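Caption: daraxonrasib together with Peptidyl-prolyl cis-trans isomerase A, bound form.
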Amino acid sequence: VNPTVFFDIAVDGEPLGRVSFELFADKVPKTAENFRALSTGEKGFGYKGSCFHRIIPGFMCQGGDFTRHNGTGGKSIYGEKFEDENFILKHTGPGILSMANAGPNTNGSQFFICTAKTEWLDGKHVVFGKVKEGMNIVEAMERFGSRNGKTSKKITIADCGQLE
Amino acid sequence: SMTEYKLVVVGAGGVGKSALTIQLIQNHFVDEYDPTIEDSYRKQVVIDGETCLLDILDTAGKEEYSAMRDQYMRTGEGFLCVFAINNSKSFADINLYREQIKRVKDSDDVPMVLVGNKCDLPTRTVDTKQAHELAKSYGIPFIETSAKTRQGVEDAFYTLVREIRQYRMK
Ligand SMILES: CCn1c(-c2cc(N3CCN(C)CC3)cnc2[C@H](C)OC)c2c3cc(ccc31)-c1csc(n1)C[C@H](NC(=O)[C@H]1C[C@@H]1C)C(=O)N1CCC[C@H](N1)C(=O)OCC(C)(C)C2
Ligand SMILES: Nc1nc2c(ncn2[C@@H]2O[C@H](COP(=O)(O)OP(=O)(O)NP(=O)(O)O)[C@@H](O)[C@H]2O)c(=O)[nH]1
Ligand SMILES: [Mg+2]
């Protein structure tokens, strides 16, 4: 059954709120497992302490670079990169959780949370989850973004883990 | 009060638009790849003895977002059209950028410079003789550059400024 994970988001170190996500292991098991394990930290590395480096209001919040903390890094539990598992799931609206990448078959750890329907990303980014609780937290995160994505405060995953 | 010039750097993904701009602005060569969303920089320089203020827009090389280029093409005063000498598709793409600029600005003689980047590389795929011929067909300069070694970087930007200056003196 599909795992649920959470992030506790902070703004310059001050708690903002919790976002939880259902991970669609029933459709993208390999991609869901990567995000689940990175959320628990059980491999010895993962999302805890990392930041949302790119927030563009009207589109998405992107994060997951826990290796370089500059928007260029990240790694998967399978190695540096892994293949696009499938494109069964689509970018249908706010709350969609999907993999960032540098072209075909370059998934690592970077991900994005949609704040709107981004259907032109279908077939380029592997969708693998959706916000359950705390969409209002994701909406609140947009005030810290900008047109090119540069954030005006440090938006971090202060804690993260698995709930179900 | 100094004369201002709005420059826009365009071209296919990965050709070195940001590497060229960052060389001019920050005096270093970005080895890593960090694909651009959109960035703006300001710098004062002296060209042929006249001080001027460059506003430089560094754009994304993402063909799926071509419709988003119109707005910055309307605002821009001169365009660096960049290809890479090891990327034949990027040289083919130049024609599309030139025609989009001409269409969006409704103007036959927008200030432009054709830039062939990555000339430090030990091999290549683009015949630069074709670049000279293309630039001639457009009536614009062709400049070879390497953002890695800084060769030609100042020349590319300053040449575009000279093209804008000549346009304003028409
Ligand atoms: C034209 C201006 N522009 C725009 C854009 C597009 C529109 N449209 C309006 C009309 N509709 C129908 C179409 C779209 C409007 N306004 C803008 C922006 C606000 O104008 C400044 C985008 C964009 C993306 C890139 C470059 C320029 C770009 C880019 C550059 S690297 C990239 N994408 C993909 C990115 N890889 C990485 O980070 C790699 C480095 C790591 C490992 C990636 O996996 N993800 C996840 C998915 C989202 C994507 N990042 C991203 O940030 O998308 C931004 C977005 C705003 C959604 C699209
Ligand atoms: N050898 C060499 N590599 C270069 C040169 N210019 C850029 N590169 C390299 O090519 C890659 C892409 O460069 P970058 O400037 O990011 O390209 P871009 O045109 O801005 N890409 P985008 O459209 O996605 O923003 C980087 O790894 C960079 O170091 C050059 O003159 N020589
Ligand atoms: Mg760039």
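So that the names make sense, note that chain A is the first sequence line, chain B the second, and so on, each numbered from 1. Remember, it's 1-based here, ligands and their atoms both numbered in the order they're listed. Below, all heavy atoms of this structure are taken into account, side chains as well, without hydrogens, waters or symmetry copies.
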Every instance of daraxonrasib: ligand 1
Other chains near daraxonrasib (ligand 1), heavy atoms under 4.0 Å: A, B
Residues within 4.0 Å of daraxonrasib (ligand 1) (heavy atoms): A:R54, A:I56, A:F59, A:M60, A:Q62, A:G71, A:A100, A:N101, A:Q110, A:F112, A:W120, A:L121, A:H125, A:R147, B:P35, B:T36, B:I37, B:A60, B:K62, B:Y65, B:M68
Top protein contact for atom 18 (C) of daraxonrasib (ligand 1), by heavy-atom distance: A:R147 O, 4.4 Å
Nitrogen or oxygen atoms of B:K62 and daraxonrasib (ligand 1) under 3.5 Å apart: no
Source organism, chain A, as recorded in the entry: Homo sapiens
N or O pair under 3.5 Å between A:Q62 and daraxonrasib (ligand 1): yes
Deposit name for chain B: GTPase NRas
Any N/O pair B:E38/daraxonrasib (ligand 1) closer than 3.5 Å: no
UniProt domain count leader: chain A with daraxonrasib (ligand 1): PPIase cyclophilin-type
Daraxonrasib (ligand 1) - covalent partner residue and atom: none
